[PDB]
Amino acid sequence: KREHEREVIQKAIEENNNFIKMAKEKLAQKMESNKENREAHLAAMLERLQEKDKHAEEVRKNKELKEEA
Amino acid sequence: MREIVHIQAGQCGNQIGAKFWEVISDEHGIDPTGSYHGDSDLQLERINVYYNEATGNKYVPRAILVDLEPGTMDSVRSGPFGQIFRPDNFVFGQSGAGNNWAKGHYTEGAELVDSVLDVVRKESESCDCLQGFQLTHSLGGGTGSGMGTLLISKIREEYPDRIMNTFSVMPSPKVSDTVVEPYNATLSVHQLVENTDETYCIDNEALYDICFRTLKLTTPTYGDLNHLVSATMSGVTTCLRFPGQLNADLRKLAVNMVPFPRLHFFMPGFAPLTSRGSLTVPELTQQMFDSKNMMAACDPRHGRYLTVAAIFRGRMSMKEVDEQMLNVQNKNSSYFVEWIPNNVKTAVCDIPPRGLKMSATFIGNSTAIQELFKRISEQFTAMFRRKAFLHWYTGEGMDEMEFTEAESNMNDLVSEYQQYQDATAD
Amino acid sequence: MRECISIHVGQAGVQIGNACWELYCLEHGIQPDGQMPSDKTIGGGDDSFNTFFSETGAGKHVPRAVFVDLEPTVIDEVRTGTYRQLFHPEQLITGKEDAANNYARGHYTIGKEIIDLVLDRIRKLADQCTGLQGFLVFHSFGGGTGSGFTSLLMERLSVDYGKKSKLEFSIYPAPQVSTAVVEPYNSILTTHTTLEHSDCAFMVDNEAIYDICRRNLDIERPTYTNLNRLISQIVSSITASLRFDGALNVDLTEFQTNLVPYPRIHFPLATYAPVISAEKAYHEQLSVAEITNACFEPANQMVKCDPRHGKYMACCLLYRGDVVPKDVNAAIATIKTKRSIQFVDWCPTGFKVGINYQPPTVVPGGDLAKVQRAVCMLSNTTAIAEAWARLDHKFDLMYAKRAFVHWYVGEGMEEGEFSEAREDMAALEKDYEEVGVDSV
Ligand SMILES: C=C/C=C\[C@H](C)[C@H](OC(N)=O)[C@@H](C)[C@H](O)[C@@H](C)C/C(C)=C\[C@H](C)[C@@H](O)[C@@H](C)/C=C\[C@@H](O)C[C@@H]1OC(=O)[C@H](C)[C@@H](O)[C@H]1C
Ligand SMILES: Nc1nc2c(ncn2[C@@H]2O[C@H](COP(=O)(O)OP(=O)(O)OP(=O)(O)O)[C@@H](O)[C@H]2O)c(=O)[nH]1
Ligand SMILES: Nc1nc2c(ncn2[C@@H]2O[C@H](COP(=O)(O)OP(=O)(O)O)[C@@H](O)[C@H]2O)c(=O)[nH]1
Ligand SMILES: [Ca+2]
Ligand SMILES: [Mg+2]
Ligand SMILES: [Mg+2]
């Protein structure tokens, strides 16, 4: 009976610790995935904007070459 | 605080921009010298959203004034509230844009944009917590349309996590006969669909019609049109400028008003619009939902509302406003999409516009806005199929491919509005 | 011993917090400066009110509470208002930029910047407790902070305090006072995320409270102030067992034993009476029988739903004021022979009763009549799932077209989180169906 009493309380401890561990790991995973997703979104936005700057240089250069006519 | 930075570019942009500051300065009790002389603490509680506080208890509009020509801004400086603006915040060139979007966007405008950004940076640096930006401009000219949309793209690059808001004046032959305006408008819309979070469509077509048809003005001046614009801009920014619960900042407004990123073009409205010598909550409400009161030349009963914000101003029964807003939704249920529940939000502000006991301002995200874009598109293609006046733009380095792309994008936007208009819950 | 820490989150949580703590002070005779003349033990004690108030050596009684909001203007009014001396400045925590009605910003983008500070402040409250019992968390479903930051906080509290009890008071959205079209998204997301981390949650349907104010107090267009004073009376009824002693007083945890038959089925329906104006209460004493009968009137529930169309798994009656068991027993007997009260077949049908003898209090300038006796019924009924059904349906309408979803994805979330949250809600609705079915 004493052996059983010990097993019940160690079981309670194990389940509580595993709940904490799971919760901690789940939160870390979510926050990392979120961070990565947001950063990728912003990066895509800035990449498109930089293409715009690229195109603008191209336009001014095209005007330059036609004024060399 | 949550600061907004205001930018106004080109003639139209600086005109309606100046009127905006005159109108809200009066509302907030700020005189032409930047001193406060109001009679209500409600006036100053959120003053910092739009004004910087300097030495001597002076309030200075967080406003930047841009043009590729000195003209309009010289007269701004000579306006009533001309001395209120920060002199270092005047940025201008000498060339002019000649009603050419390409000069504004790629050439002249690009030569000046960096000096503008220097001022934007200086205003933004001393912000406790910058919300974002609002731009006033026309789409029909060269500077506001071309350099305006260039500024948007450049600002976006440095402030990618801030809200970008525009008051964009759409061109109409009823007001301006400048032939290339549908070119400039279409090229501009092409930028706005990609790079702004929310755009108020101030349609010169609608402004003219209101003045001519309703107000019986045979010959509307820019003065008349701009009263409509300033009344509207005052109304749609009251939730930003005074204490309140609904849409109290730029991002909360966007999150309530924009269900899909590209569909961020709003139909503004105002009440009362009545001729001289010709006002219940029920009557205010019915009027603000009538097509005759819209600042965009679209009939909302030719489409459906995705989202709506209504702002009532003045002393009135909150119970009565709630009942009438419920009533209008009930009687007009067909014109609100069923798959966005509770898509109409209402605010009441105790402080009315100058000279009025009661007023209502309307912000609609309606699929009927496609009528505005179809009108621009019809005028665009009639010129573009003949390749009329293209050398103005290609001579600046552009090619026809960009015109085609801008046209397709705007035509895509129309298709998208029609898609959500046709969508059902089942 | 037995300390309870309150955490008020976002505008709704904070303003309801204002109303509750003002009411507690009036109930215990604590002045706005925190002094309490009747408390003869200076700087400490193990009195019942010490579960909610710590004490300084200078005789100040300080709420065991943290207020948190991602913008400053609501909490600034606490910092500068009537009960400002009540709170240590470190208990009132603010950022600069709110969550813009966006769960993703509350839980991630903006919330992550302040969560460690908030936990440090809570830990400072915990360290002063000799027998911390748990947390009481006040927040809206609909706001970006109330939804997103609360979820983040509950998750982090599970990690830092383990299975220490966490109870919620959650404000369920109503169209009459709602400020965002996306509140159904926010509600489903936070309900899914917090579900495994909460032991018990008292939902407060703003529409139910709005209706009660209009109907029972004759208020034309209820303000948050009107709503919050009523809500604080209900919250006070529920926490009174923790803050007062008495022979017939029954601890909230004891009611909880009966109220939660399975971990996920942890949403009691609160019903409160009497809600009556001073003008109507004058010369009209409402007896134990009358206020008890009123608990089985759906118009008086904190959540709109119809228990007459569901099954009961528990019924608890929390009385306060001039009430003795004899009268309670007679009132209950009458009710059992006249009311639509059907229990599931696996649950006992006895009503569990607690009586706190300290009479109800009201705030000056309030709408409620001062009464001699009041009662809060807490029932576990399948009918509460109606509230989830209504919310889940609004969610489905918008999500089918992915309306507004780009706002959440832009802040780093994935569509995967939406469907996962919605599936959890579907399972919950199904759980409530299943517990109501008869045993084979
Ligand atoms: C031509 C109509 C003039 C006045 C009307 C009777 C109405 O006035 C009142 N008190 O109800 C006004 C609001 C009209 O309904 C609007 C069409 C006026 C409008 C915005 C534009 C007209 C086109 C424009 O010609 C304008 C110069 C005419 C009159 C302005 O002095 C009216 C004032 O102007 C404002 O902008 C504020 C709202 C407020 O101060 C208002 C009293
Ligand atoms: N009963 C009650 N409900 C409120 C109160 N304030 C807001 N609400 C409700 O709460 C929801 C809005 O969430 P808020 O708490 O204002 O938002 P928040 O938590 O501050 O989140 P953000 O402002 O988005 O950062 C809506 O359903 C409102 O009707 C209040 O004082 N009392
Ligand atoms: N409503 C309004 N429209 C204007 C005003 N000034 C110019 N516009 C319109 O703006 C377009 C011309 O653009 P403009 O701003 O003058 O060119 P820019 O200076 O190169 O930006 C035309 O459609 C005009 O009708 C004004 O003060 N009010
Ligand atoms: Ca003591
Ligand atoms: Mg001009
Ligand atoms: Mg808030």
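One letter per chain, A onward, in the order of the sequence lines. Residue numbering in chain A adheres to the PDB entry, whereby the residues present occupy positions 75-143 in order. Here chain B follows the PDB entry, giving residues 1-42, 45-280, 286-360, 369-441 in order. The residue numbers of chain C are those assigned by the PDB entry, with the residues present covering 1-440 sequentially. Cropped entry; intra-crop contacts only. Order of appearance sets the numbers: ligands from 1, and atoms from 1 within every ligand.
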Which drug or candidate compound lies at ligand 1? (+)-discodermolide
(+)-discodermolide: macromolecule with most heavy-atom contacts, named per the PDB entry: Tubulin beta-2B chain
What other chains contribute a heavy atom less than 4.0 Å from an atom of (+)-discodermolide? B
If you take every non-hydrogen atom within 4.0 Å of (+)-discodermolide, which residues does that pick out? B/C213, B/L217, B/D226, B/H229, B/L230, B/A233, B/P274, B/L275, B/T276, B/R278, B/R369, B/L371
Short list, please: which atoms of (+)-discodermolide are under 4.0 Å from a heavy atom of B/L217? 17 (C), 22 (C), 23 (C)
Are any other ligands or ions shown closer than 4.0 Å to (+)-discodermolide, and if so, which? none
Close-contact set for (+)-discodermolide against B/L371 heavy atoms, below 4.0 Å: 9 (C), 10 (N), 11 (O)
From the structure as deposited, which residue atom takes part in a covalent bond with (+)-discodermolide? none
In the protein, what heavy atom is nearest to atom 19 (C) of (+)-discodermolide, and what distance, to one decimal place, separates them? B/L230 CD2, 3.9 Å
Considering distance alone, does some N or O of B/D226 sit under 3.5 Å from an N or O of (+)-discodermolide? yes
Starting from atom 36 (O) of (+)-discodermolide, find the nearest protein heavy-atom neighbour and note its residue, name and distance. B/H229 CD2, 3.5 Å
What is the listed source organism of chain B in the PDB? Bos taurus
Starting from atom 41 (C) of (+)-discodermolide, locate the nearest protein heavy atom and write down its residue, its atom name and how far away it is, to 0.1 Å. B/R369 O, 4.1 Å
Short N/O distance, under 3.5 Å, between B/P274 and (+)-discodermolide? yes
Sub-4.0 Å protein heavy atom next to atom 3 (C) of (+)-discodermolide: yes
Indicate whether atom 21 (C) of (+)-discodermolide is within a distance of less than 4.0 angstrom of some protein heavy atom. yes
Would a 4.0 Å cut-off, counted as strictly less than, catch a protein heavy atom around atom 32 (C) of (+)-discodermolide? no
Any idea which atoms of (+)-discodermolide are less than 4.0 Å away from a heavy-atom of B/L275? 15 (O), 17 (C)
Is it the case that (+)-discodermolide has an N or O less than 3.5 angstrom from some N or O of B/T276? yes
Counting non-hydrogen protein atoms only, what is the nearest one to atom 29 (C) of (+)-discodermolide? Give residue, atom name and distance. B/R278 NH2, 3.6 Å
